[PDB]
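Take a look at the structure below.
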Amino acid sequence: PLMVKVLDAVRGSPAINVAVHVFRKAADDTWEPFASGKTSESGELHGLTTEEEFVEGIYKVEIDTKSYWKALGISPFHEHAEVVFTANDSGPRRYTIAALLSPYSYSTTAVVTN
Amino acid sequence: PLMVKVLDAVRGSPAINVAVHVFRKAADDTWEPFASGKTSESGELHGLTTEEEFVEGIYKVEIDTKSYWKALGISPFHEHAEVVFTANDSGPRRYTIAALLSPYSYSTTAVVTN
Amino acid sequence: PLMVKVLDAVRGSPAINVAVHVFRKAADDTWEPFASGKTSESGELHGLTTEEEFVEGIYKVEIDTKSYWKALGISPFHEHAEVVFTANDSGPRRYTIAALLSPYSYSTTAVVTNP
Amino acid sequence: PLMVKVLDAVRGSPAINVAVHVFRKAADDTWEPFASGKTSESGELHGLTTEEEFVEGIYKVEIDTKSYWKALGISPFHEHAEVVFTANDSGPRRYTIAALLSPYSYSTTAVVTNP
Ligand SMILES: O=C(O)c1ccc2nc(-c3cc(Cl)cc(Cl)c3)oc2c1
Ligand SMILES: O=C(O)c1ccc2nc(-c3cc(Cl)cc(Cl)c3)oc2c1
C-alpha cells in the first residue's frame, strides 16, 4: 500500500541506498516510528507496510538526502526531505511517494491509485 | 531502450491517454517522425522503439499536455511539453523520460540506466 | 536574510496568503518557534528575522500548503511542505526558500547569497 | 510584458548568463525569431519585448540549458528547455517564465498577471 521512489536529478539515475524513515503521528502529536529501509538499485523501497497495518492517519516520510549527497562527495543544502500527508480510506488504495533530488532542491509528488 | 512516463500533479495519478510523439533530428535540422503512442493506465508508454532503431542522435519527445488538461475540463498554459535530448552510446542504455504535469507548470527528468 | 516565495502551479500566479512558520532547533533538540508570517499578493514573505537574530542553527521552514489549498476549497494531499537546513554556519548568508505548489505535489529550491 | 527567470538547483543560485531565444509562430506555421537575451547576475532577463510588439500569438521560449551547463564544464542531458504557450489572446497580460535547472532535469512554471 506504500512505496517510496527516489530519483537523482544530477546524475539522471535512481537514488540508490538512500535511507528512508516512515513515522505515524500519535495521539499526543509526536511522531512514532512506523517503517524504514534503504532504496534499492531502482531507487525504490517496497515492503514498508501491509494493508492491515497502514490505517488512516498522518504519516511522515523522511528521506536522508544529506547522507546521499555526502556519499557522492557533494555538499547539499537540506538536512533531509520530509513528506507529510494523510492516508484516507475514501481515496485510492495504493500510495507511491516519489521524490526528485538535487543538491539545493527537491520535488515530490504522490501517485495514488487503485 | 526508450520509455515515457507522465504523472498528474493535480489529481495525484498517472496521466492516462496522453498523446506522445517522438521525433529524430534529421541532417537538415528538421524533425522527422520517429515513434508515437498514448500513455497507458499507468501513465507509461512502452514499445516506442527497438535497440536497432534507436541510434545516437538528438530526439524530441512532445507530450500533448493541452489536450490532456482540456479533456479534464481544465484550461492549461502550455501548448505541449517538449523534451529534447541527445542519445549517447557511451552512457547507459535505457532511457526513461518522466514528466510531472500541472496546468501552468511541468517538470521533467531523465532516468538513464543499464 | 530570510525570504520565502511561493507560487501556484494550478493558477499560474503567486500563492497569496500562505502561512509560514519557521522553527530553530534548540540545544535540547526540540523545534523552537522562531518566526512566522504570511505571503503577500506577490507570493513573498519578507521581514521574518534580522541578521542579529538569525544566528547559526538548523532551521525548519514550514509552508502551510494544506491550509492554503483548503482556503481555496480544494482537498490537497500534503499536510505542509517542510524545508530543513543548516544556516549561517560559514557566517551570515541570505536565504530565499522558494516553493511551487500543486494539490498533490510541490517543489522547493534555495537561493543562497553572500552579501 | 515578458520576463524570464532561471535558477540553478545544483549551486543554489540564480542561473547567470543563460541564453534565451524567443520565437513566435508565423502565419505559415514557421517559428519566427522574436527576441533574445541573456540572464543577468540575478538570473533574470528583462527587456525582451514591448506591449506593442508582444501581440497575440503562440510563443516559444527556448532556454539554452545545454550551453549553460557546458560553459560550467558539465555534460548535461537536455539540449534546451522549450516553453510554448499562447499569449495575449484575451488581451495583454504580463508573463514570467521561470525555470529551475539541474543537469538531468528541469522544471518550469508561468506567472501570468493582468495589469
Ligand atoms: O512510480 C513510479 O514508478 C515512478 C516512475 C517515474 C517517476 N518519475 C517521477 C517524478 C518525475 C519528476 Cl519530473 C518529478 C517528480 Cl517529483 C517525480 O516520479 C516517478 C514515479
Ligand atoms: O518571479 C520571480 O522573481 C521568482 C522568484 C523565485 C522563484 N522561484 C521559482 C521556482 C521555484 C521552483 Cl521550486 C520551481 C520553479 Cl520552476 C520556479 O520561480 C521563481 C520566480
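The sequence lines are taken in order and lettered A, B, and onward as chains. The PDB entry numbering applies to chain A: residues 11-124, in that order. Here chain B follows the PDB entry, giving residues 11-124 in order. The numbers used for chain C are those of the PDB entry, and the residues that appear cover 11-125, in sequence. Here chain D follows the PDB entry for its numbers: 11-125, in order, are the residues you see. As the structure lists them, so they are numbered: ligands from 1, and atoms in each ligand from 1. All values below were derived from every heavy atom in this structure, side-chain atoms included, with hydrogens, water molecules and symmetry-related copies excluded.
Lab note: drug at ligand 1 identified as tafamidis.
Most-contacted chain for tafamidis (ligand 1) in this structure, per UniProt: Transthyretin.
The chains other than those of the drug that have a heavy atom under 4.0 Å from tafamidis (ligand 1) are A, B. The protein atom (non-hydrogen) at minimum distance from atom 2 (C) of tafamidis (ligand 1) is A/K15 CD, 3.9 Å.
Of all atoms in tafamidis (ligand 1), listed by their number and element, those nearer than 4.0 Å to a heavy atom of A/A108 are 18 (O). For atom 1 (O) of tafamidis (ligand 1), the closest heavy atom belonging to the protein is A/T106 CG2, 3.8 Å. Near B/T119, with a cut-off below 4.0 Å to any heavy atom, the atoms of tafamidis (ligand 1) are 13 (Cl).
For atom 19 (C) of tafamidis (ligand 1), the nearest protein heavy atom (residue, atom name, distance) is B/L17 CD1, 3.7 Å.
Protein heavy atom closest to atom 12 (C) of tafamidis (ligand 1), with residue, atom name and distance, is A/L110 CD2, 3.8 Å. Contacts of A/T118 with tafamidis (ligand 1), taken as heavy-atom pairs under 4.0 Å, involve the backbone alone. Listed by atom number, the atoms of tafamidis (ligand 1) under 4.0 Å from A/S117 heavy atoms are 16 (Cl). Residue list (UniProt L-thyroxine-binding, chain A, heavy atom under 4.0 Å from tafamidis (ligand 1)): A/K15, A/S117.
The residue-level binding site of tafamidis (ligand 1) (heavy-atom cut-off 4.0 Å) is A/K15, A/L17, A/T106, A/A108, A/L110, A/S117, A/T118, A/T119, B/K15, B/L17, B/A108, B/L110, B/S117, B/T118, B/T119.
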